[PDB]
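Entry featuring SQ109.
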Amino acid sequence: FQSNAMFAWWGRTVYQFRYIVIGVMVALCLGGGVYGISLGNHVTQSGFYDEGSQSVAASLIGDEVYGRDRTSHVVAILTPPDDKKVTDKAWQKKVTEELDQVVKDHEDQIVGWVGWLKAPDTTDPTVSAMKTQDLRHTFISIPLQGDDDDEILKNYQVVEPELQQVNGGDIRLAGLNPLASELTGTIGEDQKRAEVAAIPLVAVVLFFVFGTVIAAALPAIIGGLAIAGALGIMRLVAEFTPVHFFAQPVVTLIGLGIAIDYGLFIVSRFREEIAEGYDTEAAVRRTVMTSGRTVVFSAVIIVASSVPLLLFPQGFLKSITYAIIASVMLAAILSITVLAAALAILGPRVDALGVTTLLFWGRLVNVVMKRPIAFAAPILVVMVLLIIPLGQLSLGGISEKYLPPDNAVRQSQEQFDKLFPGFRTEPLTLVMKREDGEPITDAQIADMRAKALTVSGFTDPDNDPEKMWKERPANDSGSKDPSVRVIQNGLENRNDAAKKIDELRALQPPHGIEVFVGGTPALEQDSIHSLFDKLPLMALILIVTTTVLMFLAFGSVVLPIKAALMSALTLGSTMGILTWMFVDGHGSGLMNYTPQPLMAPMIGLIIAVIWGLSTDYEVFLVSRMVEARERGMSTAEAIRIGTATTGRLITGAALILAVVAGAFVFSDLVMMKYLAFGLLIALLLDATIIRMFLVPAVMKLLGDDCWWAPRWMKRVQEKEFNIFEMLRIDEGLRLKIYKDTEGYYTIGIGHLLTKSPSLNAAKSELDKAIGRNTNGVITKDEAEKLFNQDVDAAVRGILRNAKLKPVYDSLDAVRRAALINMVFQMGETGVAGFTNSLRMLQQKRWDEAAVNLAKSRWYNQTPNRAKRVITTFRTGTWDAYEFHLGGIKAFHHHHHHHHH
Ligand SMILES: CCCCCCCCCCCCO[C@@H]1O[C@H](CO)[C@@H](O[C@H]2O[C@H](CO)[C@@H](O)[C@H](O)[C@H]2O)[C@H](O)[C@H]1O
Ligand SMILES: CCCCCCCCCCCCO[C@@H]1O[C@H](CO)[C@@H](O[C@H]2O[C@H](CO)[C@@H](O)[C@H](O)[C@H]2O)[C@H](O)[C@H]1O
Ligand SMILES: CCCCCCCCCCCCO[C@@H]1O[C@H](CO)[C@@H](O[C@H]2O[C@H](CO)[C@@H](O)[C@H](O)[C@H]2O)[C@H](O)[C@H]1O
Ligand SMILES: CCCCCCCCCCCCO[C@@H]1O[C@H](CO)[C@@H](O[C@H]2O[C@H](CO)[C@@H](O)[C@H](O)[C@H]2O)[C@H](O)[C@H]1O
Ligand SMILES: CCCCCCCCCCCCO[C@@H]1O[C@H](CO)[C@@H](O[C@H]2O[C@H](CO)[C@@H](O)[C@H](O)[C@H]2O)[C@H](O)[C@H]1O
Ligand SMILES: CCCCCCCCCCCCO[C@@H]1O[C@H](CO)[C@@H](O[C@H]2O[C@H](CO)[C@@H](O)[C@H](O)[C@H]2O)[C@H](O)[C@H]1O
Ligand SMILES: CC(C)=CCC/C(C)=C/CNCCN[C@H]1[C@@H]2C[C@H]3C[C@@H](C2)C[C@@H]1C3
Ligand SMILES: NC(=O)CN(CC(=O)O)CC(=O)O
Ligand SMILES: NC(=O)CN(CC(=O)O)CC(=O)O
């Protein structure tokens with residue numbers, strides 16, 4: 001619990017079942033990936049509104065009674081080839097027959113085609129308006145089949161290829177479905193751009209991190225298994241709840257980079273351990289206990305940064321939140337299962353194949369350390385003046401402007417609105433529902449119209465307020481229930497939406513009738529309102545949880561307050577820049593996008609994403625500084641320690657992430673660029689300004705005060721392993737007299753009492769040793785003290801031996817215990833026989849000594865104990881004893897049994 005206890009268990013478990021683990025998980029990830037390629041046909045485009053808003057309710061009631069509008073499904077501009085005019089009866093007949101053929105061949109997809117071209121001899125002003133007055137252009141409407149927008153789009157995409165060939169191909173398709181097909185079509189382009197531009201780029205970066213093919217390929221394989229598995233999970237999620245189109249690229253944009261970053265960290269750690277002298281099995285466990293632990297905790301931070309998005313009612317954000325959680329969790333799991341097992345099978349062979357086969361930063365901190373205010377105050381001000389273009393943001397819905405200005409589908413729509421003005425409308429609606437269920441009378445309608453005319457700001461083309469707020473059209477999909485009537489009118493200024501909606505909702509409905517104010521402006525504004533109405537609580541929950549987790553990771557009261565400061569800074573600065581780029585349009589001409597109002601759900605998402613990004617990177621950096629301090633370093637040093645060995649990893653992690661996000665800034669979908677850029681900025685801001693400058697400078701405000709909590713701080717007693725626990729394993733611990741392998745009476749930790757066959761003689765010796773009537777039984781304490789005096793005796797003899805005193809003096813405390821261990825087992829004169837091996841140890845040639853000692857007869861008679869001691873010589877840690885193989889069936893009394 002709250003301890004490496006379980007990571008230690010899994011670290012050794014994953015090695016032991018390295019074949020089973022690596023087989024099952026790859027099977028599941030590949031199996032899921034195969035199952036996850038059908039996700040593309042089970043995704044939705046809906047989820048940008050508030051399902052519980054009055055505007056959505058108005059739409060449901062409206063569509064129920066009057067029928068959903070299908071006149072906007074497909075709009076098609078027809079233009080006669082040889083500067084001919086639409087009045088040409090011959091041209092009229094060929095095109096008409098072409099249109100009838102498409103409808104005849106696709107009646108499951110198409111309702112029919114409607115337009116002036118169907119009745120050129122009409123007196124209808126609107127129908128006659130479906131042709132330009134130069135008679136060079138005319139448009140038709142092509143209503144499609146389907147009971148929801150996803151089904152309708154699929155029906156469009158079915159008939160689109162043949163529909164595009166009408167009029168010799170000179171037919172321009174616009175409206176909802178051609179635009180929706182183009183907007184959702186951006187997904188595949190971004191995926192393919194990642195698969196071709198981002199993947200080899202990541203491969204190169206990885207190959208410049210490790211000098212080896214295998215070591216560089218492993219993180220890439222993990223990312224690929226993560227994407228496959230995550231998409232399979234999202235496909236499973238689709239069986240229960242709607243999954244948005246935008247969830248698929250998020251898996252690749254965010255999941256892939258994070259997964260590879262995880263793999264990079266763990267493989268890198270595994271190599272450290274190998275180089276430190278630990279064998280494969282131990283290296284695997286130590287990697288999981290440290291890096292695996294860091295990865296899992298990283299996943300928790302990101303999940304905790306994503307969950308608050310579920311407070312938002314937009315299905316768009318919910319799907320994405322599910323996608324992030326599924327990606328990050330799977331990434332963390334894979335890095336400590338498949339990857340660990342792979343390293344457990346490969347071992348040092350992760351560096352077997354190198355480049356041949358397919359072919360004082362450290363004082364810079366000090367500068368700012370000495371000069372904290374020389375760097376902090378300017379940056380602290382600069383990143384605030386970057387927040388000032390965050391006070392100038394606009395919010396809108398989805399339009400053709402989300403596509404680049406040179407996009408053919410966008411331009412077709414823009415030509416339609418140019419050639420045929422007035423046809424495209426976004427009116428506010430007054431949806432009236434009578435509660436009794438009885439018909440709504442003309443008196444009640446005239447009542448509502450009057451109260452609507454009270455509100456100003458609505459269009460009036462016919463210059464007569466009697467012809468304002470006309471009744472919504474009805475089709476054959478409508479129930480025509482008399483208890484529901486809908487009147488509607490458009491705004492003169494669309495930026496008056498939020499205000500005019502309230503005024504309409506301020507009116508008083510007549511005769512007990514529920515009035516629902518709807519329309520696309522209402523849907524957008526209600527969604528905008530819903531998101532900022534809940535943003536504070538989401539922000540509170542976000543900040544609190546991330547701070548609470550940092551209370552646990554740091555053990556400080558100030559540092560989490562400090563990091564919150566930093567994230568809120570790098571957030572507001574980043575979002576201020578994004579607003580400067582996408583709202584004000586700085587960079588628009590260069591990156592070929594249109595300056596426009598943002599989308600409110602993308603703000604909630606980018607807040608969570610930037611926050612979790614800032615928190616995760618600072619936790620890893622700071623947590624280590626903390627470890628150095630506990631290790632005994634100085635405030636200024638602990639910081640130096642921290643920054644320097646997180647350095648190469650953080651930059652290597654930020655870079656790979658930047659590559660992936662960099663592939664997505666080229667997306668034709670403008671909100672995708674907004675997201676990908678938000679990544680790059682906050683990433684760059686943390687990999688440099690925050691980490692290398694602000695943090696250390698804003699860590700010097702004080703020496704020893706940032707580390708402070710009451711006695712509600714980590715105990716970290718550390719059960720500092722000692723020589724007592726060491727030989728307790730090798731020689732046993734018995735509190736009652738027993739016979740060892742030679743049949744001699746022994747007690748405690750291998751302490752010979754006597755060679756007499758008499759038990760009472762041994763009890764005699766024990767009573768004189770402990771200083772009381774023991775009756776053959778001692779306490780653990782008495783055994784420990786007894787053991788100590790034996791250790792002192794062994795040391796005195798070692799220091800008395802001229803063959804052992806030099807090597808003993810040269811050794812660290814841990815390796816000294818290993819030498820004492822040998823003296824206990826075979827005696828000083830025995831240990832002094834290893835003249836060459838002792839010389840190697842004295843020269844700190846750990847590997848050579850370890851190799852040489854294994855060739856001994858001592859290793860032959862007692863391999864398990866010898867390997868334990870030898871490993872201790874190789875690494876200089878207690879690792880060989882803190883985790884050892886069970887058994888130890890034979891106990892034997894040691895040399896240097898001290899007597900009173
Ligand atoms: C772990 C890493 C890799 C992840 C890989 C994930 C594998 C995905 C699961 C394997 C395939 C599951 O198969 C799928 O399961 C669900 C069970 O609820 C079934 O779905 C069933 O339950 C839902 C519950 O409302 C019903 O709406 C549905 O009509 C019904 O058929 C699917 O018909 C089946 O096709
Ligand atoms: C992502 C952004 C999406 C952008 C969406 C842009 C789509 C624009 C859709 C334009 C809709 C044009 O739809 C067109 O409207 C007129 C009415 O106004 C219809 O005309 C219909 O109503 C008129 C009178 O109101 C009747 O006299 C006529 O008999 C009838 O056909 C046309 O049959 C239809 O083709
Ligand atoms: C990256 C993949 C993620 C998927 C991206 C989303 C693509 C699908 C949504 C594109 C269109 C947005 O959703 C759509 O917006 C337009 C206006 O905003 C609405 O269209 C409304 O306004 C237009 C004029 O502007 C009217 O002609 C039309 O009668 C009316 O319905 C649609 O009712 C709504 O369905
Ligand atoms: C060890 C294996 C390593 C690789 C494993 C990863 C497998 C998954 C990678 C590809 C993601 C799934 O496959 C993906 O599915 C959808 C539908 O099938 C495709 O995309 C399709 O629908 C999307 C939106 O729904 C459209 O934008 C696109 O025009 C269309 O082609 C993607 O272009 C394809 O990339
Ligand atoms: C601390 C633990 C961290 C790990 C948490 C893992 C995440 C799992 C939490 C799922 C929350 C429950 O998910 C529940 O179903 C859907 C999912 O969109 C939500 O969606 C709700 O509104 C949508 C509109 O889009 C409806 O289609 C849906 O019928 C409705 O349930 C609910 O508001 C939510 O209550
Ligand atoms: C992690 C920290 C998180 C930060 C905490 C965030 C709390 C900030 C709450 C501010 C509330 C802003 O409130 C919101 O402002 C914008 C304008 O700016 C309004 O938006 C309205 O005005 C703008 C400009 O005229 C229009 O483009 C937009 O279509 C319209 O809806 C919203 O209707 C309103 O709800
Ligand atoms: C998607 C939402 C809600 C937030 C963004 C999620 C993102 C990118 C966090 C940044 N952190 C991911 C990789 N971080 C890397 C990992 C390896 C190593 C040690 C840890 C873990 C810290 C660094 C260096
Ligand atoms: N482990 C040892 O020192 C064995 N030595 C024995 C010695 O140094 O006297 C022989 C050797 O190094 O080959
Ligand atoms: N492990 C035992 O029971 C006996 N041991 C001997 C010992 O621990 O001293 C054999 C060995 O370690 O190879």
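One is the number of the first residue; the rest follow in order along the sequence. Side chains included, hydrogens not; waters and symmetry mates left out as well; all remaining heavy atoms used. Both ligands and their constituent atoms are indexed starting at 1 by order of listing.
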- Item | Drug placement: SQ109 | ligand 7
Self-check item: Largest contact partner of SQ109 in terms of UniProt
Solution: Trehalose monomycolate exporter MmpL3
Worksheet item: Which of the transmembrane segments that UniProt lists for chain A, numbered from the N terminus, come under 4.0 Å from SQ109 by at least one heavy atom?
Response: 4, 5, 6, 10, 11
Overlap: UniProt SQ109-binding residues in chain A and residues with a heavy atom under 4.0 Å from SQ109: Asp616
Which residues in other chains are near SQ109, meaning a non-hydrogen atom under 4.0 Å away?
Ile254, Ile258, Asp261, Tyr262, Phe265, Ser298, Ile302, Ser306, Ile324, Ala608, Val609, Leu613, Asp616, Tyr617, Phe620, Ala653, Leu657
